[PDB]
Every structure is written in C-alpha cells, then in structure tokens.
Asker: 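Right, I'll just put the structure down here and ask away after.
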Amino acid sequence: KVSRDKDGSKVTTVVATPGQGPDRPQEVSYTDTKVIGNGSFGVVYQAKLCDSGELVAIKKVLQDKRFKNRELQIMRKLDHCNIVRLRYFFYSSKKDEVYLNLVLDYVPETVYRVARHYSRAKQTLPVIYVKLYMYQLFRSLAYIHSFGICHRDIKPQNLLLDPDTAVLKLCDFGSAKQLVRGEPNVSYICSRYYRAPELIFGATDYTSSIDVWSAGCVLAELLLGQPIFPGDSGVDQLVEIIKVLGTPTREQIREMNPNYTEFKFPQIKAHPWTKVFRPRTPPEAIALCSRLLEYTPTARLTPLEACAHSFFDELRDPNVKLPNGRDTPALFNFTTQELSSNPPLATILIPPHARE
Ligand SMILES: O=C(O)c1ccc2c(c1)nc(Nc1cccc(Cl)c1)c1ccncc12
C-alpha cells in the first residue's frame, strides 16, 4: 500500500485488480476510511474513491494463501444490477498474514433497518415497497441460481437498499456455494428465523430452494412487522413453523431428511394462512407466501416463477411510480441467462410496454 497525506487527509494507494473484465491491475486511491462493520470473518470499511469521488465498501478478510478464495471466485463471475458489485480486489497485511480486500458498492440502507423503523413506529411498510424489494431479491436469486449458486444466508440485513432509487443489492456471498447434486454440503449455513426446515433437520443434500424459503420468511416478516418463525433454538423455530404449516406429513419429512421420519413432532393442524396476517393484507401476497413456505423443497416456487407471481403485477403497470415521485428501477431488462430456468415466462415478466 502507499499512504499519502493530501491536505493532511490520509490517502491510500493500492495496485488493485478489477473484479470484472480482464486481469489488469490498476493504481487506485481512496481516502475517508472508517470502519462500518465487523463480522466473524473480518472488518468492512467505508471509503471515498480519490478520483470518481464515489463511496465504496472495503471488506478485509484473512486469506490463507493455501487455497483459492471461494467468495472471490463467485464474486468475479457475478454481474447483476441487484447484486452488490465487486469493483476491485487486492491483498495487504496480522503479522506474516495476508489479507484479501474486496472493494464493493457502497449502499446506504438495508431492508432490516427499514423494517425496524416501521416496526418501532407501529407502522407497516407500504406494499409497494414490499413488492419492490421482494421482486429484486427474487430476481437476484434467479440470476445466481441459473449458475447453480446458492447464497445460503438470505436475511434482511444482507439486502442493501438505496432509499431514493429503491434499488436492492444482495450482499455477503461468504456463505455462497455452487451446489452440485450428489455432493454433500455443510448444513449449518443460513441465519436464525430464515433457516429452511431441511436445514434445521441438519440435511446435507439440500438444494437452492433453501434461498426461496428464506425469501418467503423475509416477505412474511415485511407483511407481519416481525419474524414469522422466531426462536433461539431449532425446537422453538420448528414449533412456530408447525403452528402455521401444520405438522409435516411422513412424505414431507422424507423430502427434507428421511433420518427424521420416526421422531415425535408437535401434532398441530394447519392454521389457514389468511389468519396469519393482518386483515387488510393483500390476498395475492398471502398466496405468494404460501407458495414459498412449503415443507417439500421441490414444491417451492423458483425465483423466476416468484417474479411472475400475481403479487408483483402492480410493478408491471405502466403508471407505477415510486412514492417519492421517481420512476421505479429497471425491472424488465432480463438477460436470457436470467431466464434460463424458464424462458417462456418472459411473456409475463417483460410487459408489452417494455419491449421494442
Ligand atoms: O460482504 C459483502 O458482500 C458486503 C457488501 C457490501 C456491504 C457490506 C458487505 N457490508 C456493509 N456494512 C456492514 C454492516 C454491518 C456489518 C458488516 Cl460486517 C458490514 C456495507 C455497507 C454499505 N454498503 C455496502 C456494504
């Protein structure tokens, strides 16, 4: 690194490799560096790029140079406008230790912080924001699932937001992995409340539909004003699930983890979904929640099928505007890659007033 002091302000200069494009490192300078987060894996800083002036996030993470970094491999491959961009990366130094640094988009808000304000004010988030945020999350999932990549930690904190533009960036791919059928996967990924039933059961043969379950939990949380399946333990989470979905059937238990077929379960009958939410809740939203929070993983909607759900129809009306008067983000510029899982769905996703 190189530390200048233009007008006393500390300036860092590093030869950083761009994320996308060809492997051609560049001299990059930034200042105004301050810590804005700490995780189990490292610290995340905020900084100002010394030329463009734009704000960025820098994620410092220790790198044992023995193996490649899985997060870096996935982040360089991804390029989607609902996923936090990897602008650059570089290495630095604690002693005799190498650190990998990821320079990413700075995004000022998160879904968690927006939902908590409304919750503290005893206020419900307007459904237009629920449609906007949910749609962009599912679109980001449809894009990464097309590549076989499972995020595995979908949670409201991980959904960044620009409140002016209403644009959602999915972030933290440190738990993401390309899921190969037949090969086993660690079962202790995903955070509380948003863990799929198969993950609570410790299943190692799970699929990308666990991201769809977590998304259904985030949708239900936005409608309810609080997490739908809370609990400090697996039993507590499972009971809150069983109180809604009813007790799982023998076949459904075999679709998550057969190794849990003979165990004893709380024997509660299915509470009808309409009685789970507030009375003025849109029925199309309740319908979508029911199609994502299904016991059998193969029965859950795909992210692309979710984007085409009737709940998001208001996003396709030509007259839709943001509450603050601006235009909605670009919700229809689907690449054929995004539509890989089902291209015929494009007749619904891309509306007649958005073609050429
Ligand atoms: O990992 C990424 O991909 C990733 C990507 C972007 C951000 C991030 C993590 N973490 C942020 N901050 C943050 C907030 C709380 C805890 C922690 Cl550890 C970090 C942050 C802030 C503003 N804009 C973008 C980001």
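One is the number of the first residue; the rest follow in order along the sequence. Side-chain atoms are counted along with the backbone in the values below, which use heavy atoms only and exclude waters and symmetry mates. Ligands are counted one by one from 1 in listed order, and the atoms in each one are counted from 1 as well.
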Asker: Any chance you know which drug is at ligand 1?
Answerer: silmitasertib
Asker: Which chain is the chief contact partner of silmitasertib (ligand 1) here, under the naming of UniProt?
Answerer: Glycogen synthase kinase-3 beta
Asker: Show which residues surround silmitasertib (ligand 1) within 4.0 Å on heavy-atom distance.
Answerer: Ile36, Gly37, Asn38, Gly39, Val44, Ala57, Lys59, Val84, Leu104, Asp105, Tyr106, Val107, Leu160, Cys171, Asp172
Asker: Could you check which UniProt domain of chain A holds most residues near silmitasertib (ligand 1)? Thanks!
Answerer: Protein kinase
Asker: What UniProt active-site residue in chain A has a heavy atom closest to any heavy atom of silmitasertib (ligand 1), and what is that distance to 1 Å?
Answerer: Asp153, 9 Å
Asker: Where does silmitasertib (ligand 1) share space with the UniProt ATP-binding residues of chain A, that is, which have a heavy atom under 4.0 Å from it?
Answerer: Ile36, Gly37, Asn38, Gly39, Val44, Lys59
